[PDB]
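The numbers used for chain A are those of the PDB entry, and the residues that appear cover 1-557, in sequence. Just follow the structure's listing: the first ligand is 1, and inside any ligand the first atom is 1. Basis for what follows: all heavy atoms, side chains included, without hydrogens, waters or symmetry-related copies.
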Amino acid sequence: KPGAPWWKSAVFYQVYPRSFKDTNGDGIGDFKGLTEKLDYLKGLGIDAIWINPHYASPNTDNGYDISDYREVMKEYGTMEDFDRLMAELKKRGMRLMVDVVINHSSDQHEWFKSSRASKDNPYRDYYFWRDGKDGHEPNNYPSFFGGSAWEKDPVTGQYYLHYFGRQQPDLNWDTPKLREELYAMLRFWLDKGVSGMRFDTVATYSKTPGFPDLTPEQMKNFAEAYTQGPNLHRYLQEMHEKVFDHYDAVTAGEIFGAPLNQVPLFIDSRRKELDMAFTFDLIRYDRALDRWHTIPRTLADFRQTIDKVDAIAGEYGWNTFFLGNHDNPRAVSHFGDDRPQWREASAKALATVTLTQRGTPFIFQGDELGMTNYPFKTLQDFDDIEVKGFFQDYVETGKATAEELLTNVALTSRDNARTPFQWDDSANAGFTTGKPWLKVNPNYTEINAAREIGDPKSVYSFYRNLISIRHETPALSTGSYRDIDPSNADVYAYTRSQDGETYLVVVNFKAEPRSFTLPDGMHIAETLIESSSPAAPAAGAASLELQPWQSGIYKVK
Ligand SMILES: OC[C@H]1NC[C@H](O)[C@@H](O)[C@@H]1O
Ligand SMILES: [Ca+2]
């Protein structure tokens, strides 16, 4: 003692409700579906669930465009269903983390309908309204979802700001009354017993006074420029002081776009801002600036990025660790090898990495099954507004052909992570009895929960066993982290240590046999678990012979 907070040793599971489990045949997942599957998650060993936005929403961005912060999304159920989900999680000693989207609201939110009525409306300053310049928009800000970040509203002739979709106007945190409304809203959910909140694009809350144009340089990486608002930390510290200081909920911020060196300002516990951070340096380590092309990287880049992110946590900060989420391609497809002969092996290898990283691991729904990217055939197979945005910015402008967009976005699209969870091999993998909102991956015939749960050699069983091991081994949670050799592009090896106990994690990222020599003086003591291994090393081993994609966790001496 002091002991570590429950969130530092917990294993979280991210549920994208819309695609988890449908119970009424409309093809959309819902609260009753998630509730019916809590035993599944409890059995896997999950301590807490983070659910994507579940509030009233027109769904132009699947929940991230909120029209009423105190009502549940019609598609997911009623408040009664949300309350029941809460109660069932508690009966199982599980915690719930909800998504908080307060960088912007839906343009259907009552605040916006009011704001847009006139320049003198009491809600005018709840958003950003500005006069155009030189015949066009206020400045050159681009939107993440296509075109300008400024939309003209003829009702007043001014433009309103939207970093994301035109139906997601940005909230004006410079307005005290708006901040107070957001705080009351957070208390509304916190009073219901919510255990955590994940703050969507938490680094963009502060806008730059005067909205000057982005420089040519900033334009190439506008995501970073939007995180440089001068009042950001003041706002975060105020929110902590006014809200979180009065509850025992964990806060996690999605720091997208921010330079890694600034992350400590968000998570250093002494600053009283956020408890932990979701960074994207790793998950986007091979993504081009335009966000739809990929750039070839090696394990050397992968581990060096992890090393830099871990270092940033220092002694008072804390990181979450994830290899996938609802905005990125599937982990095994992105970091592993999803070819049939290597999918399971690499998926287990990635699981070992995830569950042995320093920080709070988040498992995205389906990754415990080894789900893969989807085989998109036409641009119409994508539902995502972001893909429509790339079409607008790159195809309609003649920068790329529709075929080039398809070829590339098929590998990076958010829709890859949004296909229905594959429960079994019944119609539409047991996700729905109706027509799914997004097509189920045809590989559900071999990749599904029912098939993996009863098989000791499945990806699921491996995740389950890793989660047990993590729970029983303190060092694998809060222990220190040290990369054995940052320049090695074949075998990822590192140690986790705490209170004199040290563990070695070794993962072969190559589809070929490789060798690993332990550091001078270090020797294998015991083997906790291995995947794709014919035999464990013998006690005292000073080196290991690795099979393709083999992974293992060992106690060393
Ligand atoms: O809200 C905008 C953007 N924020 C980040 C979320 O992960 C993503 O799904 C959403 O579209
Ligand atoms: Ca439904």
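- Here the macromolecule bound to ligand 1 with the most contacts is known in the PDB entry as Sucrose isomerase.
- Checking R-warfarin, LY354740, S-pomalidomide, DNL201, 1-deoxynojirimycin against ligand 1, the answer is 1-deoxynojirimycin.
- Using a 4.0 Å heavy-atom cut-off, the binding site of 1-deoxynojirimycin is formed by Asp61, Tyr64, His104, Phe145, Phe164, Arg198, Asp200, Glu254, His326, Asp327, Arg414, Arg418.
- Here is the list of 1-deoxynojirimycin atoms found below 4.0 Å of a heavy atom in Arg414: 8 (C), 9 (O), 10 (C), 11 (O).
- Applying the 4.0 Å criterion to heavy atoms of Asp61 picks out, from 1-deoxynojirimycin, the atoms 1 (O), 2 (C), 10 (C), 11 (O).
- Remark: 1-deoxynojirimycin atoms within the under-4.0 Å shell around heavy atoms of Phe145 are 11 (O).
- The entry's source annotation for chain A reads Pseudomonas mesoacidophila.
- Each of the following atoms of 1-deoxynojirimycin lies closer than 4.0 Å to a heavy atom of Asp327: 5 (C), 6 (C), 7 (O), 8 (C), 9 (O).
- Near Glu254, meaning under 4.0 Å from one of its heavy atoms, 1-deoxynojirimycin places the atoms 5 (C), 7 (O).
- Residue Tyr64 has at least one heavy-atom neighbour below 4.0 Å for each of these atoms of 1-deoxynojirimycin: 1 (O), 6 (C), 9 (O), 10 (C).
- Here the heavy atom of the protein found nearest to atom 1 (O) of 1-deoxynojirimycin is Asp200 OD2, 2.8 Å.
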Would you mind listing each N/O atom of 1-deoxynojirimycin next to any protein N/O under 3.5 Å, plus the distance?
| from | atom 1 | to | atom 2 | distance (Å) |
| --- | --- | --- | --- | --- |
| 1-deoxynojirimycin | 1 (O) | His104 | NE2 | 3.0 |
| 1-deoxynojirimycin | 1 (O) | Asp200 | OD2 | 2.8 |
| 1-deoxynojirimycin | 4 (N) | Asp200 | OD1 | 2.6 |
| 1-deoxynojirimycin | 4 (N) | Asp200 | OD2 | 3.2 |
| 1-deoxynojirimycin | 7 (O) | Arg198 | NH2 | 3.1 |
| 1-deoxynojirimycin | 7 (O) | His326 | NE2 | 2.8 |
| 1-deoxynojirimycin | 7 (O) | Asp327 | OD2 | 2.3 |
| 1-deoxynojirimycin | 9 (O) | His326 | NE2 | 3.0 |
| 1-deoxynojirimycin | 9 (O) | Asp327 | OD1 | 2.8 |
| 1-deoxynojirimycin | 9 (O) | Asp327 | OD2 | 3.4 |
| 1-deoxynojirimycin | 9 (O) | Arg414 | NH1 | 3.3 |
| 1-deoxynojirimycin | 11 (O) | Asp61 | OD1 | 3.2 |
| 1-deoxynojirimycin | 11 (O) | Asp61 | OD2 | 2.5 |
| 1-deoxynojirimycin | 11 (O) | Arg414 | NH1 | 2.9 |

